[PDB]
Protein chains: 4
Amino acid sequence: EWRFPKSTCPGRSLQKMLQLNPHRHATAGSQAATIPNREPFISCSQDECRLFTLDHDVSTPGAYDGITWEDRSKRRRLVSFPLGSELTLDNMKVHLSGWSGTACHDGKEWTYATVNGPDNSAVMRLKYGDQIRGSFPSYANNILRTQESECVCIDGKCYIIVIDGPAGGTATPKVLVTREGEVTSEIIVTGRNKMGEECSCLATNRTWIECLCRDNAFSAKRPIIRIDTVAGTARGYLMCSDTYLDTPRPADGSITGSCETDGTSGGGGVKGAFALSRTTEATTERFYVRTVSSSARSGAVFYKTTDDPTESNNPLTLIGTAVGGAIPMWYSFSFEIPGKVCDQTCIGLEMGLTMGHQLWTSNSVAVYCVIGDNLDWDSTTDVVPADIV
Amino acid sequence: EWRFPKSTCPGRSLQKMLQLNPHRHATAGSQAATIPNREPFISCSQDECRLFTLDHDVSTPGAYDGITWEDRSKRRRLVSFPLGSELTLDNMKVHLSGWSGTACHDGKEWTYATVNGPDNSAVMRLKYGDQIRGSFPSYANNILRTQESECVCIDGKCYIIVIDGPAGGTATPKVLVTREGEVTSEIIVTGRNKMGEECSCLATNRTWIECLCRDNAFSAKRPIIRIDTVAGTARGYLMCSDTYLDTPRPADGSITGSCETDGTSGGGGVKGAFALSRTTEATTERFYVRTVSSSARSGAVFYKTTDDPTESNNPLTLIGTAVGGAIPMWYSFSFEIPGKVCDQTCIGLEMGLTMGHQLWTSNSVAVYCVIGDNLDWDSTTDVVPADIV
Amino acid sequence: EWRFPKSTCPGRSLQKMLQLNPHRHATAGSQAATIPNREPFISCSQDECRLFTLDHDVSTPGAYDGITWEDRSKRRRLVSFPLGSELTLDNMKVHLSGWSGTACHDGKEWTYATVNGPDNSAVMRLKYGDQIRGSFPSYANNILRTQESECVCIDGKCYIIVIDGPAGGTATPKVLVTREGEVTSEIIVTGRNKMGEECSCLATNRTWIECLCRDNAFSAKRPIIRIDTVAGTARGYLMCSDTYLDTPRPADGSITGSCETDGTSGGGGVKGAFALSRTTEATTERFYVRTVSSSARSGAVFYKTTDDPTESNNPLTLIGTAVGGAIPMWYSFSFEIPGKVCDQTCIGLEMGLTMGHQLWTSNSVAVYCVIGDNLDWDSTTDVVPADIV
Amino acid sequence: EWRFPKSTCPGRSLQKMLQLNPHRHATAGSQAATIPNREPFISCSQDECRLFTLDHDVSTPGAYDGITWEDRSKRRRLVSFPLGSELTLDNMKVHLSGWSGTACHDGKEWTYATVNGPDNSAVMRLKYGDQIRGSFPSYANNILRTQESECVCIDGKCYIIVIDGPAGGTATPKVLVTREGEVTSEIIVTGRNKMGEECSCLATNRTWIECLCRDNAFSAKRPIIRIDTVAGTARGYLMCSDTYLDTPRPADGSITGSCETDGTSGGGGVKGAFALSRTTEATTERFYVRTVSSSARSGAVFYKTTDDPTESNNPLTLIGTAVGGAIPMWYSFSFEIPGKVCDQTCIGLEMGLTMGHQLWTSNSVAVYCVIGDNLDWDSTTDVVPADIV
Ligand SMILES: CCC(CC)[C@H](NC(C)=O)[C@@H]1[C@H](O)[C@@H](C(=O)O)C[C@H]1NC(=N)N
Ligand SMILES: CCC(CC)[C@H](NC(C)=O)[C@@H]1[C@H](O)[C@@H](C(=O)O)C[C@H]1NC(=N)N
Ligand SMILES: CCC(CC)[C@H](NC(C)=O)[C@@H]1[C@H](O)[C@@H](C(=O)O)C[C@H]1NC(=N)N
Ligand SMILES: CCC(CC)[C@H](NC(C)=O)[C@@H]1[C@H](O)[C@@H](C(=O)O)C[C@H]1NC(=N)N
Ligand SMILES: *[C@@H]1O[C@H](CO)[C@@H](O)[C@H](O)[C@H]1NC(C)=O
Ligand SMILES: *[C@@H]1O[C@H](CO)[C@@H](O)[C@H](O)[C@H]1NC(C)=O
Ligand SMILES: *[C@@H]1O[C@H](CO)[C@@H](O)[C@H](O)[C@H]1NC(C)=O
Ligand SMILES: *[C@@H]1O[C@H](CO)[C@@H](O)[C@H](O)[C@H]1NC(C)=O
Ligand SMILES: [Ca+2]
Ligand SMILES: [Ca+2]
Ligand SMILES: [Ca+2]
Ligand SMILES: [Ca+2]
């Protein structure tokens, strides 16, 4: 009946599943209406996986595709594609207008959620199947926004992280608890809770969720939020490892102080992701990504640890380079593939493609999942934005 | 088994679901065969919603797309798209040739109905699943025509409003009662029944339907038709509110006399729509749309009331501007999304796009549904017809 | 379980269902890969109807589409489209290579059949679901060929008419009896059996089939073949009505002699079609089509009769002009839409489109079904072949 | 429940099913994004057949399609199409990144497998449904690679042939045994086991599999591998017939010595295929293909035998020319169509299309299945690579 977390399929590393690269088809002579997009992610039901992303109501090539750099507008929608379909106009399915998104399947229906509206009074609407069942207004009146990756559903209830407030300062996240798309409760995030953008969330066992977020103001350490779905509580932490996962970031280990010490820099950031191995009782290993560059959104490097990331300052263990440092690499996202026997967690990579500041902007998506013992290969795009017509 | 009206999902306002904007993809350099169309509407089964519209047997860009301004021809067909698929040639499904349309799902199969033929001897054909099961000839021999929005099915019977006669004068509507697409009875509309074009109809409780129509000859007040499906009776009214919903219209409240008093102007009009909240016994709130302009089809403004619209002359309560007054806004349509637990009603907006008189003509469709407490955002097209190639 | 003929849905005339017109989208500026084709027909299961046709392994516009006039080649395939999908490359489903085709659903699976090979040693292959289950070699070594319209399945067995031999002389048709695509018997056509091309076949009651064919050598009267599926017998007749249905043809009634008298002319011909009303015991009315012109394949006119067409020389009763006489009109085909309550028969029209002799060739398909009391409207293409790019 | 081999449908020859020829649509004026590809094959479930192939993350026409000659890269993916859909961008489904592929349905889910990574440390990943369940690293560190045709599943276990090592020398194949995509055992190939590339495998009865492979270093005779799935053993043989099936090859019968004698030449080769007739206990006839030319990959000729191909040096019996000798013909592949009553085996043909050395490269796929008594027709492409735009 309801989706719930199972023990994960055996795996000790990350290996490539697939890559979608629609703008390979947007060169001179090509015959395709490709869909430029940003903030992509994947979510799955027991029947299918889907690539969700935020579009711009436009295809490339085309005269209107110059707006694709914008973060928020009346054009953007949460749309999706069967996973493995290329990102073309005829493959696209529009779910909700809006400029920040999440989605997740509870075992019976999809919940889709976007934020729509002006920056000072935006509204999250939640769609369950075909109906808008939930509505959640801005509480801080400063760009209400959500994860840009899948939410987590356990036992008929789905858990969505939202935040509202200055992107350059204190902004308190909330956990929304939904049932059939209706917001039935809010969970207050206690502890280290002054930031937490764009959380990537995975169940750590049968009843707990862990979210890896972005602190856009205070620290190059990533916030971690843990949700006890049985108690209905959530607590914020700061990831303690010397291997800081955000971008930009200082040199590894150089932030002096306790685990929850911010560090001197910390302005800016990027959405990050992780994957894991777990039993029904505990997470046994975590897999992390960060950029190659400590200053720019370029490259992707995988790491792993069996330590508790909220407690240990130990460096993470190098797995290897999934995207070379010369290649733009922007957001990354967690997702889980539910199975009949075991579940599997994965990391997707937004390999960014852009002509420059306030010019055409999109991406290619590469997907790596927890399986095997060593990284198999790195990913490239072989797309030169100058060639996009 | 059969579709029947349930109590609606909680909601106290209208908020945006999504928007389809196919001709964003019809600019220079684009690679899409988009489908120019007019009179769009949405209807849903328990399995899916579909965007229905009347096409012109042509895609844009293309040499033949200059006929898309025509109301009636041998080219037009009732076609549909899965709701959320963009309006492209490969996504299109053709149901019936004809130039006026309606469709509705009874819980087992779709009923599709169009009027086809010459103006003086047109025939409505009704298709149930794959078979043409019903045929209804013109009775006034002057453009037999129907709702341009979904019909309503209750307990295995569907209810369709048709009209026939001068668009500039008295034309008596009829309610057709269908079963598996066969016209099994006609219901005579009593009361205020001298007009009633393009009705948007929704169940007001378990057994009654209310239709909001267009009086194209006599009044800027919209006719309302109520159907008792158990008694098999229908009565026409004139909407009494000082907030007149048709376009063009005089200033609010300025029509002197009783509720059913026509007013001095009233020539012309536009299809209108409403949505509602209801229990199994009664409608508890109604939501209405009209243009911003009192003379031109531009803008869309939402209103609400808990009054009986056939009795009270009270002004409606302003919800807000869904489409700015500088933006063309033509037809609007009601539809209902059936649910396993509750039903939901919505308003769709035909945001018109045209190069001018007897030139290329189509639209973008914006959808708002009953949910939340305040209007979230207004809709734009960002399509300049001059840019369509 | 198995498909079998039911009594037909009430109807006393022919009225338009829909029209597919893919090459409306093949003009300058258009963005569609349309599928030029000839010999189209429709067949249905209980789940869906499909438009079948013979393609040329090419789309229009395109450099190779100049071969589309050819009757037979190594390029042609039996392909199909969900009925109502337009005839574009992405909508197409290829079933079997070959240059003469038929298909029919037995209630469990599709049987598809084409003839493939050189003119003097062609082979019919029959595909049941995904497997080639049947193979039937040429017996007269002179263009083995079949109906170019749907076959008929009753009680798990399907009935296919084939012919082999000179198109300008005596060629004896055979009825193939298939089960799961395997040819399990051949039925010898007795009686008037010296010709019978391209039969359009419909059940006349629970156990009999009637086929309306083309005599390409001897007569402007159409051969009729009746199959008793219980006895496993088939007999050929010549349609007796003074209203001769083939093209070219002499003036009505001018063939002197008995019903089976050929008449002096008779060379050439065109595939024809009919529809009917029936109970489980008998056919109660038949509907026929022929061209407007008695010398050229132009126009389509509908007729009806309650007489036995193998016995009565009475003129048929005029229903009216479905396609004006200025419009090319080539093949027509019978098909049946099975229903849960009643079946429905229909006639489809190949409205031909061509640039001329040995130049680009295709069509638009218009569909009329048995329903209502009067013809509703005639069909046009509004496609000028000169405009096809 | 589980797929297992049934007795095959009656048939004594090979006859054409269908052909897919996407680049017919890639000429001047065309409107299609076609998918250039190599190493195509077909695999089927009980629900559908699919055309699998290895793409290049590009469509034709398009600026990037010049890489399509490459064997291995970070661009290639195992993708598939419903069998009968043409090979266009919107029809494509991406399964796994990688440059060598196989896939097979076990009755419940698809197993897809590709090799990904650098030549010296490639990794096979196996995807079962939506999850990566298996991972198998290179064991000889020299282009780990697999069949380029479907694997075989029997009783819930699937059998995949892999090889690793010098393509110009001794390279030992292994049989991987998978369950839900997990590699549960490896079977050592005994006997004649020093080579065995790109095996085409079919069940020979209820519990045994036979694979026809390519010896790329030592012999123009094809290796044959037989797997006893009950014992879990596999043995390699050399095909003994005087009719040598590889290309290039010496004149028939001219290799002096025993069945397992290599012969003096043998460098190079091409993937080959066979089909068969079988009961539940034994294979009763085998059907083979080889090129027309003994030196170039051109033409295709069918043969048959009732002898044991590992024992008898008798020449095979000529069936006939399926592809004329002037037409490029590269890989061929075996596949089986499972049925409710009987199974059917087939041979597919990669009719190669290329502009030349290190230039644009793709193919057309022709399919022949075991049915009938004589070859019906040969296949052509009628594609001139010079015309591809
Ligand atoms: C202003 C707050 C930002 C999040 C920390 C901002 N989010 C939204 C909803 O606008 C993101 C940020 O500006 C962009 C990025 O860092 O790449 C993407 C952008 N995200 C979206 N456009 N959805
Ligand atoms: C002449 C009667 C009119 C309805 C009041 C007319 N309806 C039809 C069937 O022609 C509508 C009207 O002329 C147009 C409009 O007002 O926008 C649309 C147009 N509707 C359609 N073309 N379907
Ligand atoms: C030579 C015998 C003819 C049938 C009487 C011929 N049939 C075939 C299989 O070639 C038809 C005829 O030449 C053409 C026509 O009359 O329109 C179509 C053509 N039919 C097809 N090309 N499938
Ligand atoms: C180097 C080993 C070769 C197999 C014997 C080589 N295989 C791979 C995985 O590269 C094949 C060979 O080079 C090409 C051919 O012979 O056509 C195809 C090519 N196969 C693929 N590109 N998948
Ligand atoms: C999941 O983990 C949390 C934190 O370690 C623990 O309190 C809880 O009991 C665990 N749940 C189960 C079902 O073991
Ligand atoms: C629906 O409303 C009508 C009009 O108010 C009323 O007569 C009827 O009884 C109601 N139906 C139900 C089931 O309450
Ligand atoms: C169908 O019609 C034929 C010919 O008139 C007749 O012989 C047969 O009995 C009929 N079948 C049934 C089931 O009535
Ligand atoms: C299949 O064939 C092998 C080899 O001939 C034989 O050993 C085995 O018994 C056969 N299996 C069955 C089920 O007959
Ligand atoms: Ca930061
Ligand atoms: Ca009016
Ligand atoms: Ca004739
Ligand atoms: Ca060799």
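A, B, ... follow the sequence lines: proteins, then strands. Residue 1 opens every chain. First listed ligand is number 1; within each ligand, the first listed atom is number 1. Heavy atoms only: backbone and side chains are in, while hydrogens, waters and symmetry mates are out.
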Which of norethindrone, selgantolimod, peramivir is the drug or drug candidate present at ligand 1? peramivir
What is the name in the PDB entry of the chain with the largest share of contacts to peramivir (ligand 1)? Neuraminidase
Chains under 4.0 Å from peramivir (ligand 1) (heavy-atom): A
Any atoms of peramivir (ligand 1) less than 4.0 Å from a non-hydrogen atom of A/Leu54? List them with their elements. 23 (N)
Nearest to atom 20 (N) of peramivir (ligand 1), what protein heavy atom do you find, and at what distance? A/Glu39 OE2, 3.6 Å
Which of the peramivir (ligand 1) atoms, numbered from 1, are nearer than 4.0 Å to a heavy atom of A/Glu198: 4 (C), 11 (C)
Nearest protein heavy-atom contact for atom 6 (C) of peramivir (ligand 1): which residue, which atom, what distance? A/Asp71 OD2, 4.4 Å
Please compare A/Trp330, A/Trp99, A/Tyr331 and report which has the shortest non-hydrogen distance to atom 15 (C) of peramivir (ligand 1). A/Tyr331
What part of A/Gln147, side chain, backbone, both or neither, has a heavy atom within less than 4.0 angstrom of peramivir (ligand 1)? neither
For atom 10 (O) of peramivir (ligand 1), grab the closest protein heavy atom and report residue, atom and distance to one decimal in Å. A/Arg72 NH1, 2.9 Å
Any atoms of peramivir (ligand 1) less than 4.0 Å from a non-hydrogen atom of A/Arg38? List them with their elements. 15 (C), 17 (O), 18 (C)
Distance from atom 16 (O) of peramivir (ligand 1) to nearest protein heavy atom, with residue and atom: A/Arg297 NH2, 2.8 Å
For peramivir (ligand 1), which atoms sit closer than 4.0 Å to a heavy atom of A/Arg76? 22 (N)
Is it the side chain, the backbone, both or neither of A/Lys271 that has a heavy atom closer than 4.0 Å to peramivir (ligand 1)? neither
Write out the residues of other chains lying under 4.0 Å from peramivir (ligand 1), heavy atoms counted. A/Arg38, A/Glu39, A/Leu54, A/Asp71, A/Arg72, A/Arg76, A/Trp99, A/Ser100, A/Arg145, A/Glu148, A/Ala167, A/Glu197, A/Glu198, A/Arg214, A/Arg297, A/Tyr331
Any protein N or O within less than 3.5 Å of an N or O in peramivir (ligand 1)? List each pair with its distance, or say none.
{"residue": "peramivir (ligand 1)", "atom": "10 (O)", "partner": "A/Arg72", "partner atom": "NH1", "Å": "2.9"}
{"residue": "peramivir (ligand 1)", "atom": "13 (O)", "partner": "A/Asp71", "partner atom": "OD2", "Å": "2.9"}
{"residue": "peramivir (ligand 1)", "atom": "16 (O)", "partner": "A/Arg214", "partner atom": "NH1", "Å": "3.2"}
{"residue": "peramivir (ligand 1)", "atom": "16 (O)", "partner": "A/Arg214", "partner atom": "NH2", "Å": "3.1"}
{"residue": "peramivir (ligand 1)", "atom": "16 (O)", "partner": "A/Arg297", "partner atom": "NH2", "Å": "2.8"}
{"residue": "peramivir (ligand 1)", "atom": "16 (O)", "partner": "A/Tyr331", "partner atom": "OH", "Å": "3.2"}
{"residue": "peramivir (ligand 1)", "atom": "17 (O)", "partner": "A/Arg38", "partner atom": "NH1", "Å": "2.9"}
{"residue": "peramivir (ligand 1)", "atom": "17 (O)", "partner": "A/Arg38", "partner atom": "NH2", "Å": "3.3"}
{"residue": "peramivir (ligand 1)", "atom": "17 (O)", "partner": "A/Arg297", "partner atom": "NH1", "Å": "2.8"}
{"residue": "peramivir (ligand 1)", "atom": "17 (O)", "partner": "A/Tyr331", "partner atom": "OH", "Å": "3.3"}
{"residue": "peramivir (ligand 1)", "atom": "22 (N)", "partner": "A/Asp71", "partner atom": "O", "Å": "3.0"}
{"residue": "peramivir (ligand 1)", "atom": "22 (N)", "partner": "A/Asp71", "partner atom": "OD1", "Å": "3.1"}
{"residue": "peramivir (ligand 1)", "atom": "22 (N)", "partner": "A/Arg76", "partner atom": "NH1", "Å": "3.3"}
{"residue": "peramivir (ligand 1)", "atom": "23 (N)", "partner": "A/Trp99", "partner atom": "O", "Å": "2.9"}
{"residue": "peramivir (ligand 1)", "atom": "23 (N)", "partner": "A/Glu148", "partner atom": "OE2", "Å": "3.0"}

